[PDB]
Amino acid sequence: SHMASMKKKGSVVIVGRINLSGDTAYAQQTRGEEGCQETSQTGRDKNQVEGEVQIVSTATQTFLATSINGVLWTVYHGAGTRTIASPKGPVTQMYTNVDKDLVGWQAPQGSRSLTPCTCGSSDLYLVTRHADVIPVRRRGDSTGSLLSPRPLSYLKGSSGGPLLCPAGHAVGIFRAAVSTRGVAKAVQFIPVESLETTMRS
Ligand SMILES: CC(C)(C)[C@@H]1NC(=O)O[C@@H]2CCC[C@H]2OC/C=C/C(F)(F)c2nc3ccccc3nc2O[C@@H]2C[C@@H](C(=O)N[C@]3(C(=O)NS(=O)(=O)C4(C)CC4)C[C@H]3C(F)F)N(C2)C1=O
Ligand SMILES: [Cl-]
Ligand SMILES: [Zn+2]
């Protein structure tokens, strides 16, 4: 009840990226923990942003965010309603949908966006925060099976990451794992058509 001392939550901060520009996928860190903490409080991130898949952090969580159609998308269970840090200060979400576990901000200047897939293909690839590229067979509008199951630990921290088609288009945003006895056999994702609906109107 003491408003004068109520705290403010920090901004989401870009702390690195998944480099997909060459023949090898690899994670790059662009900001260490101290700078991340400062940037979360000010909301002012002067780092140059590059690429399609960002590694992002709050004070308590780290996950991914993916640019599609000029929007940097991630999961609500990671970002909540938080702003993202940018060169001129905190940027408010332009999309928030808790029912889809989805949020989005305008894509950062310097980022590149994935194109929404129109291939109608079921052979997908999940990109993790460790730059592992995991083949996934699409099994429905929002699920796909891992060709090689993996412990949940392998996938933790990769919500917000993309599923891509063979042509490198965005098919979806990783949301939740389908896990039994700690082994993830499948993944559940926000399909790009749901993003496009959220964007259209
Ligand atoms: C058992 C399990 C594997 C932990 C869990 N499975 C699970 O629930 O499966 C069911 C059955 C099939 C689909 C799914 O239907 C329920 C829908 C869940 C949801 F996702 F839509 C979701 N909506 C929310 C909306 C608002 C607030 C909180 C919400 N919380 C949610 O789910 C929560 C979160 C999500 C999660 O952990 N995501 C990942 C991740 O990396 N996060 S993260 O980066 O480390 C981090 C926590 C920093 C942000 C990708 C999976 C990684 F670990 F593989 N969850 C639990 C799970 O995946
Ligand atoms: Cl959805
Ligand atoms: Zn495609």
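Chain A is numbered as in the PDB entry, which gives 981-1181 for the residues shown. Recorded method for this deposit: X-ray crystallography, 1.7 Å. What you see below is based on every heavy atom in this structure, not just the backbone, and it leaves out hydrogens, waters and symmetry mates. In each ligand, atom 1 is the first atom listed, and ligand 1 is the first ligand listed.
The molecule at ligand 1 is the drug glecaprevir. In the deposited model, the macromolecule with the most close contacts to glecaprevir is named by UniProt as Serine protease/helicase NS3. The dominant UniProt domain at the interface of chain A with glecaprevir is Peptidase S29. Residue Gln1041 has no N or O atom closer than 3.5 Å to an N or O atom of glecaprevir. The contact set between glecaprevir and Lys1136, taken as ligand atoms under 4.0 Å from a residue heavy atom, comprises 41 (O), 45 (O), 52 (C), 53 (F). Which parts of glecaprevir touch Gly1058 is read off a 4.0 Å heavy-atom cut-off, strictly below it: atoms 49 (C).
Of the protein's heavy atoms, none falls inside 4.0 Å of atom 1 (C) of glecaprevir. Atom 17 (C) of glecaprevir is never approached by the protein to below 4.0 angstrom, counting heavy atoms only. The protein reaches atom 36 (C) of glecaprevir closely, with a heavy atom under 4.0 angstrom from it. Protein heavy atoms all stay at least 4.0 Å away from atom 33 (C) of glecaprevir.
Taking a 4.0 Å cut-off on heavy atoms, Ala1164 fails to register as neighbouring glecaprevir. At least one protein heavy atom sits closer than 4.0 Å to atom 46 (C) of glecaprevir.
Atoms of glecaprevir found under 4.0 Å from any heavy atom of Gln1168, numbered from 1 in the order shown, are 13 (C). Checking atom 4 (C) of glecaprevir against the protein gives no heavy-atom contact under 4.0 Å. Protein heavy atoms come within 4.0 Å of atom 21 (F) of glecaprevir.
Residues touching glecaprevir within 4.0 Å, heavy atoms only: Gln1041, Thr1042, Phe1043, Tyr1056, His1057, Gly1058, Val1078, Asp1081, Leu1132, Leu1135, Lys1136, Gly1137, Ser1138, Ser1139, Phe1154, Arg1155, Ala1156, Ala1157, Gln1168.
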